[PDB]
*Asks:* 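Complex: imipenem (hydrolyzed form) : Carbapenem-hydrolyzing beta-lactamase KPC-2.
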Amino acid sequence: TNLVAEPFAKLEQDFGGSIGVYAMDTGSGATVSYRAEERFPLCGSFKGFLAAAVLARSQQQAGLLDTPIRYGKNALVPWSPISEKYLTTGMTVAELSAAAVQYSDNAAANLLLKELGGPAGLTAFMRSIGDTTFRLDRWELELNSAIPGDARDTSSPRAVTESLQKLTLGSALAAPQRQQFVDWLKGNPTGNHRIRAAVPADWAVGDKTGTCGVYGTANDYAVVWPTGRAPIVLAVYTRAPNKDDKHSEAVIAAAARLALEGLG
Ligand SMILES: C[C@@H](O)[C@@H](C(=O)O)[C@H]1CC(SCCNC=N)=C(C(=O)O)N1
């Protein structure tokens with residue numbers, strides 16, 4: 001593990017913070033781990049799991065995805081580029097889910113959380129798939145505070161990867177819901193400088209990013225489909241000690257590359 005870990009330790013020292021990584025080869029079972037059981041703030045990365053929770057609920061409530069959500073101005077919070085434009089008409093549950101995943105739309109995220117029973121409702125969904133580490137405690141935007149020591153609104157790289165594998169490749173979602181989730185992740189355009197930058201262009205990637213805006217705290221998780229080979233699932237999370245420390249997309253891409261090259 002010393003030869004596995006040392007390049008990650010070098011990377012986080014030059015970054016000036018902490019990096020957590022977990023990667024799983026779903027064919028062979030091989031893994032790469034660094035700080036994989038430590039907690040890191042989720043920031044907007046929870047929005048991918050939120051869409052999965054909505055899709056899972058649609059397996060018990062036919063027509064949930066078509067349900068219209070007609071909201072007022074008070075539902076709008078900062079960084080709501082899609083939901084801001086449909087204030088005059090409303091949006092359906094599926095349209096809000098797409099916006100939360102692919103634009104990180106905050107109002108859409110809060111509206112979907114409300115449908116699920118709040119942050120506690122998303123945490124309960126994660127428990128239902130066997131994830132005991134994930135916890136969402138607050139709403140947008142308070143969940144982005146990323147204060148050192150605080151376990152609220154955190155998970156671990158290993159738990160993120162394990163849950164992502166269950167939802168995108170395992171049995172948690174039925175085939176139509178599973179392909180919708182995978183398509184939302186694959187079409188996400190916000191992570192071109194993160195895990196995607198470490199992956200050969202020929203290989204499809206689906207990802208969800210998060211960027212708290214403070215404490216150098218940012219992240220990305222992804223499924224990678226190498227051609228003609230079993231997919232890889234991985235998660236890369238960062239944080240830093242000072243409130244004004246800057247996050248780095250380059251550090252996330254570099255850590256992703258170190259993990260992908262070390263699988264085997
Ligand atoms: C709300 C804000 O803190 C942040 C988050 O939820 O984590 C929003 C803003 C951003 S927009 C990303 C812009 N990409 C720049 N390269 C993200 C994200 O990283 O997905 N989500």
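Residue numbers count from 1 along this sequence. Structure method, as recorded: X-ray crystallography, 1.8 Å. Remember, it's 1-based here, ligands and their atoms both numbered in the order they're listed.
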*Asks:* Which chain positions lie within 4.0 Å of imipenem (hydrolyzed form) by heavy-atom distance?
*Replies:*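 At that heavy-atom cut-off, the residues are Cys43, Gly44, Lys47, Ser104, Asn106, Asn144, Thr190, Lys208, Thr209, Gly210, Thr211, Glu249.
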*Asks:* Could you find the nearest protein heavy atom to atom 17 (C) of imipenem (hydrolyzed form) and give me its residue, atom name and distance?
*Replies:*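 Result for atom 17 (C) of imipenem (hydrolyzed form): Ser104 OG, 3.7 Å.
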*Asks:* Has imipenem (hydrolyzed form) got any nitrogen or oxygen that is less than 3.5 angstrom from a nitrogen or oxygen of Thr211?
*Replies:*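 Yes; the residue has a nitrogen or oxygen that sits under 3.5 Å from a nitrogen or oxygen of the ligand.
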*Asks:* Run the numbers for me: atoms of imipenem (hydrolyzed form), each under 4.0 Å from some heavy atom of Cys43, listed by number.
*Replies:*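 Numbered from 1, imipenem (hydrolyzed form) contributes 7 (O).
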*Asks:* Can a protein heavy atom be found under 4.0 Å away from atom 13 (C) of imipenem (hydrolyzed form)?
*Replies:*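 Protein heavy atom within 4.0 Å of atom 13 (C) of imipenem (hydrolyzed form): absent.
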